[PDB]
Amino acid sequence: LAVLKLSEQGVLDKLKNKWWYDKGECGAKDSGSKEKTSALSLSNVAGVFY
Amino acid sequence: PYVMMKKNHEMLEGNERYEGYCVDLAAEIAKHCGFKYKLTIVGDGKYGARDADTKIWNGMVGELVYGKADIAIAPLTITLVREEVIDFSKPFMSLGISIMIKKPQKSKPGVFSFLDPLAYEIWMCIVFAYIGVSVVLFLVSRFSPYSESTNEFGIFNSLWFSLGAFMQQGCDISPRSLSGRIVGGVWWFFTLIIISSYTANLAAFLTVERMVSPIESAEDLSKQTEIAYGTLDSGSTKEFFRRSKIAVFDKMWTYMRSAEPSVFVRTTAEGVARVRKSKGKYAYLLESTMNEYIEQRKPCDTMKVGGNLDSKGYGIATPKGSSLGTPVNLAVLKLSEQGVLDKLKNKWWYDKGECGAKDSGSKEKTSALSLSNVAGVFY
Amino acid sequence: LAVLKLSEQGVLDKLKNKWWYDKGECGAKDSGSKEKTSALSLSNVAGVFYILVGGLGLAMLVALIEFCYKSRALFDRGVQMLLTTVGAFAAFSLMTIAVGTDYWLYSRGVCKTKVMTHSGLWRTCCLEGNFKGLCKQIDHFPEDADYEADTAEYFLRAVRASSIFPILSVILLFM
Amino acid sequence: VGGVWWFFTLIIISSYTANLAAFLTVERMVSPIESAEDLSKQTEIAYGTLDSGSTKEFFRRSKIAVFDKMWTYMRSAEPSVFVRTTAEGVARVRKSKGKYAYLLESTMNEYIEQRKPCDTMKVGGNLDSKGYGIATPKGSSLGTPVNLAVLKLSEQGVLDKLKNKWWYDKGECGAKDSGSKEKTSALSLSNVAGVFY
Amino acid sequence: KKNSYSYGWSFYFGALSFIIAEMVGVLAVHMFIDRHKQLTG
Ligand SMILES: NS(=O)(=O)c1cc2c(cc1Cl)N[C@H]([C@H]1C[C@H]3C=C[C@@H]1C3)NS2(=O)=O
Ligand SMILES: NS(=O)(=O)c1cc2c(cc1Cl)N[C@H]([C@H]1C[C@H]3C=C[C@@H]1C3)NS2(=O)=O
Ligand SMILES: NS(=O)(=O)c1cc2c(cc1Cl)N[C@H]([C@H]1C[C@H]3C=C[C@@H]1C3)NS2(=O)=O
C-alpha cells in the first residue's frame, strides 16, 4: 500500500528527478535538432570574412 | 513447358502428340533404361496430395499408389508425405520460391527533359519577367529629354542586356543612371537565385536517380509497403510461410493475413494477370522455374528478381518397391553429368523464349549524362 | 507467477511488438524508407518574383521624381562640415552606448555564479529568473584539460574574452 | 546566334556541375566486370581451374559453345592456369588485381568471401549443378530413416536454418556487413590532375 | 535545439554605428576632394 501511495503523489516522480538530475549537471540533448546545421551558419565561412 | 501438346494434336496419335521438357526427359530415360513409355495425362488433373476427410490420395501420386501409373515424370515436388508412399529418385531440376514483379518500363527521357528541374509555370514566368524588365529598362533610360543621345539603351539593346544578365555571360553595355541600375541590379539578384536553384535541383534529380535501388530480396520486399505481394490461395507456397520459424516470413505471413486488399489469388494465371494490372505495384510469389518461363513469354513485361528464398526440387516418381526405381535412379545421374539436363534446360526455357534478359544491365549506364538527355538543347 | 513467467520468456513483449505492429495497418516505420524526386514549384521561388516586380515599380518611381526635380529646378563645405560633426559624435554615441550595454543578445541562461537571459559584450546578466538584476560575467570557460588539445579557437575565444575589436572600434572613432 | 548559344552553355555547364554532385555523393559500386559469359569473352581476364578435379572434367565434357570456348582458351593459355591446391589458386586471384579469376564450388566461394582478407566476390550463378549427400552403404538398414530425415529438415527449414545461420553469423567479414557506411571524400590532386596537364 | 537566441537593441545600434561611420567616412573623402580643389584650382 505504501508503494502505491508514493507513486500517485508523485513522490517517486520527485525522488527520481532529484537524484538523477541534481547530482547530474551534465548537459542533456545539447545537440537538439539535426537541422541546426541546415542553414550554413557564420562559423562555417567566417574565415573568408577574415 | 513441362508437357504440352501441339496445335495439330488431333492430327497426331499417341506419344507423338505431346511435346515438352518431361516428354524429352521420358525419351532420354528409355534410351538409357530400355522400356516402352506411353504418355498419359492424369484424368483428375491435379498434383498428388492426401486429404484426410476420406484418407484418399488424389492426382498423379494417387495413380502411382493405386496402380494406374508405372512412373510419374512430372513437376512433382519431392516431399515427405509423398516419399513415404511412393519413391523418388534424386531431383532432376532445382528451384525455389521466388518473386515475379512487373519489369520497370524502359527509361525514355523526353527531348525537353532539361527543362524538368523547374516547372512549366516557372519558365513561363521567367520569359514574362524577361519582357517586363526590358521594357521598364527601356522606359527608364529614355524617360527624359534631358541625356537622350547619351544613353545607348534602346528597346533592342534593353532586351539584349536582360538576356546577357539571365544567362550570366554579361553584356558590354551597363546602365549609368541611378534608376537604370535599380532595374539592372534587381534582375541580377533574380538571375542569381533562379540559375542556382536550377543547378541544385538538377543535382537533386541525378542524386536520387543514382540512389533508387531495385527490390532484390524477400526482406527487401518486407521492409517496404509500397509494393504488395500475394501467393496462391491453395499451394505449398502458402504452407511454407506458416511452417517456417523465421520472423521475416512470419511477418510476411501476417501481412498476407491482414492486408485489407486480399493478396491471395485462386490460381497462377490469375496472379499473372494481377501483375499486369497494377503497373509495377504488385509482386508475386511463386516457384522459380515457373517464374523463369513466364518472363520468357510475350508481352515479356515481367522479370525475375532476387534469389530463391527456399529450395525445392522436382523429382521422377515411381511406386513404392517397384523394380523401375533403381535403373531410373541410375538414369537421372547419367543424364546430369553428360549435361543433358543442362541441354534440355537451356533449350526449352530459352528457345521458346526470345524475350530479352538483363537488357538494363549496369545501373551506372546512366552515370554519364548521355546525349539523349540533352538532345533538345541541340535542337 | 504466470505474469512474471511471460515476461522472462518474453511473451508479454512478444504479444505486444507482434500485435501493435503486425496488425498495424499504417505507420511512419512503414512509409519512411521511400524517397522520390520533386520538381520546384512556383511557390518555392515566388518571393524572388515579388522582389523583382517590387524592384521594377521602385525603378520607375525614382525615375519619375528625378525627372520632375530637374524640370522644377547641399553643395557647400560649411554645413557639410557641421553635419559631419553631428554625424561624428552620433557614431561615437551609438557605439559607446552599445559596448557598456548588456543587451547584445536575448537568450536563455543561468546567472547565479554557481529565463529571458540578456547577455552582453563585457557584462552578461539575467532577466526573468528567480530574482532579476544579477550578473554572471564569464570568459575562457573550462574545457578538456584547460582546452590545450586545440590551438585555433582559443585565440578566437580570447578575442571574444579580451574584446579588443569593439574597443578598437571606439578608440579609432575617438582618435 | 549569340542569344541561343548562351542558353546552350547555361544548360550544359549546369548539367556538368550537377552530375559531379551526383557522383561525389552517391558512391555506386564498380559494375561487376564479368558474368558467366563475360569471363569467356574478355580474354585479357584470365581464369583458372583445378588441375585434377570435378571442375576440370566438366569443361572438357561440355557440348555448350560458351564452355567449349572456355576449355579451348585455358588449353592454349599462358601462364599456366592449372593450380595445385585451392589455397594457391585463391592467392593467385588477390595478387593479380582482377586479371585472374578462379572457378570453384559455390560452397567454397561463399566461404572464402566471408573469411579474411575479405577481398573476393561471387559473381554469377552456378554453371553446373551438384549436390552433397548423406551417404549410407549398399544394403543399408538405416538409409530409409536417413532420407526421410533429410526431407524433414528442409520442410521444417533446418537445412536452410543451419546454413544461413552458420555461413553468416560465423562470418567474420562481408560486403553485407560493411556496405551501409558512407562518409565524405575531399578531392585529391589525382582527380583533377589532367586539367593541370 | 530550438535555439531561442535573438539580438537585442544594443547589437543593432552598433550596426547603426557602423553605417553612419561609413557615411561620415565617405563624406570626409568628399571633403578631401574639395580641399584639394581650392588648393589647385
Ligand atoms: N540446370 S538444373 O537446375 O536443371 C539442374 C538441377 C539439378 C542437377 C543438374 C542440373 Cl543441370 N543435378 C543435381 C544433382 C543432385 C543429385 C540429383 C541430381 C544430381 C545428383 N540435382 S538438381 O539440383 O535437381
Ligand atoms: N514493454 S511492454 O509493455 O511490452 C512490458 C511491460 C512490462 C513487462 C513486460 C512487458 Cl513485455 N513486465 C513488467 C513486470 C516484470 C517485473 C517488473 C515489473 C513487472 C514485474 N511489468 S511492465 O513493466 O509493465
Ligand atoms: N539452399 S541450401 O543449400 O540450404 C538447401 C539445399 C537443398 C535442400 C535444402 C536446403 Cl536448406 N534440400 C533439397 C532436398 C529437398 C528435395 C529436393 C531436393 C532434395 C529433396 N536438396 S538441395 O536442393 O540440395
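Naming: A, B, ... by sequence-line order, numbering from 1 per chain. Whatever order the structure lists ligands and atoms in, that order sets their numbers, starting from 1. Any value given below was found using the heavy atoms of this structure, including those in side chains, with hydrogens, waters and symmetry copies removed. Method on record in the header is electron microscopy, 4.0 Å. Shown: partial entry. Contacts: counted within the shown part.
Sitting at ligand 1 is the drug cyclothiazide. Of the chains near cyclothiazide (ligand 1), the one making the most contacts is recorded in UniProt as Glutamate receptor 2. Chains with a heavy atom under 4.0 Å from cyclothiazide (ligand 1): B, D. In the structure, the transmembrane segments of chain B that UniProt numbers from the N terminus never bring a heavy atom under 4.0 Å from cyclothiazide (ligand 1).
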